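Worksheet: the structure to be examined is printed underneath.
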Amino acid sequence: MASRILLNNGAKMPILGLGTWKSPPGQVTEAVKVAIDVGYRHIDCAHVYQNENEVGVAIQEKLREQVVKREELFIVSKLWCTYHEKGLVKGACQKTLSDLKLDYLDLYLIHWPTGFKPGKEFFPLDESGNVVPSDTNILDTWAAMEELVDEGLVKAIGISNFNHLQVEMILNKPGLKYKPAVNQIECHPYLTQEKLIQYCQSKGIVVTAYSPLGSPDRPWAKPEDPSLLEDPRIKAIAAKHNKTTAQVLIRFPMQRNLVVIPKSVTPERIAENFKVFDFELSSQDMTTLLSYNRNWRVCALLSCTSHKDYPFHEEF
Ligand SMILES: NC(=O)c1ccc[n+]([C@@H]2O[C@H](COP(=O)([O-])OP(=O)(O)OC[C@H]3O[C@@H](n4cnc5c(N)ncnc54)[C@H](OP(=O)(O)O)[C@@H]3O)[C@@H](O)[C@H]2O)c1
Ligand SMILES: COc1ccc2c(C(=S)N(C)CC(=O)O)cccc2c1C(F)(F)F
Ligand SMILES: COc1ccc2c(C(=S)N(C)CC(=O)O)cccc2c1C(F)(F)F
Ligand SMILES: COc1ccc2c(C(=S)N(C)CC(=O)O)cccc2c1C(F)(F)F
Ligand SMILES: COc1ccc2c(C(=S)N(C)CC(=O)O)cccc2c1C(F)(F)F
């Protein structure tokens with residue numbers, strides 16, 4: 001398996017990266033350092049994860065140690081919902097860059113299509129339990145993202161949690177300068193996303209799969225929720241290969257020509273999770289895992305369902 005995939009901006013993106021949502025500041029510097037040591041080159045970051053400073057320390061240390069050079073790293077971050085106004089986008093990106101201690105990002109994504117009220121809080125809600133939106137739209141934010149490419153701050157721009165009609169709005173934008181390079185979406189055996197994946201691949205847009213292990217540390221996990229890592233049918237495939245269930249779950253999107261970003265702050269798991277280039281899931285494994293789709297999301301974000309740009313009402 002080739003370890004990078006070609007983007008529509010000409011750059012090559014590593015198909016297996018390290019996720020950092022919920023990685024505590026106190027553990028993420030070691031996590032990123034060990035990830036780089038064992039071969040990860042792609043780190044998936046976000047301002048809202050509130051640990052970009054500590055990710056930055058790790059990257060800077062590995063550059064100083066001469067373990068990697070900046071050109072070999074693929075660093076991704078995301079524009080948070082409260083910064084969709086055009087006049088706020090450059091500062092949001094530069095805050096990330098300054099916290100990461102980088103002078104460019106390889107990829108910058110609109111984190112969610114939904115703009116939130118600008119201000120200090122990240123998840124502004126009202127007394128009904130619903131998010132407080134901003135008067136921003138997808139096209140104007142996308143234009144602001146384009147400016148970041150032209151000023152040299154990011155090498156590629158993309159989107160996350162966009163449904164196919166929202167992607168099409170950008171592809172159809174009057175005077176579009178850069179197509180999205182990537183759509184990062186939830187994807188795993190219980191949410192296999194065939195239709196949205198087909199749409200994006202048909203357009204030349206690479207898909208990144210998030211929460212590939214089913215995000216068992218997500219704050220809202222409930223005991224009755226299905227659990228990928230404990231699913232006996234996936235254990236049985238793992239057993240056949242003398243691999244772990246996580247390893248099966250990571251290799252699965254790889255063989256669908258997706259990028260995947262499993263998260264861990266545990267050095268042993270970080271190393272295990274990267275050890276997926278030495279086996280192949282069979283055609284039976286692959287189709288059996290696809291057959292487990294339930295269209296079930298760990299990231300539904302029910303607090304956002306009234307937002308005009310909530311992405312998961314459409315079929316895909
Ligand atoms: N764009 C967005 O809207 C969005 C949304 C969600 C996630 N993401 C990205 O996708 C990344 C991955 O998703 P996620 O963080 O939700 O969850 P995930 O990667 O599906 O699962 C992470 C969890 O699995 C555990 N784990 C990791 N490797 C393991 C292994 N080999 N064996 C057993 N347990 C293991 C981790 O524990 P420890 O860390 O304690 O080891 C943590 O509890 C995120 O961190 C983020 O970068 C993006
Ligand atoms: C800004 O929002 C944060 C920030 C940090 C987290 C964490 C982090 S990294 N911690 C609570 C720190 C720690 O585990 O020590 C874990 C789960 C959700 C988070 C969230 C979330 F909003 F998802 F709840
Ligand atoms: C779970 O909710 C958390 C958890 C942690 C944070 C942090 C973090 S990661 N900490 C204060 C640092 C730490 O816990 O070590 C920063 C800002 C908002 C958070 C939030 C918040 F929801 F407020 F956004
Ligand atoms: C779009 O709405 C979102 C999106 C993400 C969050 C998160 C985050 S940071 N995640 C689910 C992780 C991510 O989006 O990468 C945490 C708490 C509330 C959220 C909300 C919301 F506030 F509305 F519930
Ligand atoms: C653990 O901390 C949580 C947990 C859940 C939320 C939510 C909710 S209820 N969800 C993300 C669940 C959902 O909307 O589906 C919205 C905003 C902030 C949250 C936070 C936060 F800390 F960010 F305030």
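Numbering starts at 1 and runs along the sequence shown. Method reported for this entry: X-ray crystallography, 1.5 Å. What you see below is based on every heavy atom in this structure, not just the backbone, and it leaves out hydrogens, waters and symmetry mates. Ligands are counted one by one from 1 in listed order, and the atoms in each one are counted from 1 as well.
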### Task
Report the name of the drug modeled at ligand 4.
tolrestat
### tolrestat (ligand 4): macromolecule with most heavy-atom contacts, named per UniProt
Aldo-keto reductase family 1 member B1
### Message
I'm comparing tolrestat (ligand 4) with the native substrate site: which UniProt-listed binding residues in chain A have a heavy atom within 4.0 Å of it?
### Response
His111
### atom 16 (C) of tolrestat (ligand 4): the protein heavy-atom neighbour that sits closest, reported with distance to 0.1 Å
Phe123 CE2, 3.6 Å
### Query
Which residue holds the protein heavy atom closest to atom 10 (N) of tolrestat (ligand 4), what is that atom called, and what is the gap in Å?
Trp21 CZ2, 3.5 Å
### Message
Only heavy atoms of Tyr49, strictly under 4.0 Å: list the atoms of tolrestat (ligand 4) that pass.
### Response
12 (C), 13 (C), 15 (O)
#### Entry: Min N/O separation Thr114 to tolrestat (ligand 4) under 3.5 Å
no
### Query
What atoms of tolrestat (ligand 4) come closer than 4.0 angstrom to any heavy atom of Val131?
23 (F)
### Query
Which UniProt-listed NADP(+) binders in chain A sit within 4.0 Å of tolrestat (ligand 4) (heavy-atom distance)?
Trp220
### Query
Under 4.0 angstrom from tolrestat (ligand 4), any heavy atom of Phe116?
yes
#### Entry: Under 4.0 Å to a heavy atom of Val48 - the qualifying atoms of tolrestat (ligand 4), by number
9 (S)
### Active-site residue of chain A nearest tolrestat (ligand 4) per UniProt, heavy-atom Å
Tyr49, 3 Å
### Query
With atoms numbered from 1 as shown, which atoms in tolrestat (ligand 4) lie under 4.0 angstrom from a non-hydrogen atom of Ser303?
21 (C), 23 (F), 24 (F)
### Message
Please compare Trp112, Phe122, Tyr310, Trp220 and report which has the shortest non-hydrogen distance to atom 14 (O) of tolrestat (ligand 4).
### Response
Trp112
### Task
Give the residue list for tolrestat (ligand 4), heavy-atom cut-off 4.0 Å.
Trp21, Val48, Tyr49, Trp80, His111, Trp112, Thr114, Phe116, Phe123, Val131, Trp220, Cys299, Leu301, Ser303, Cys304
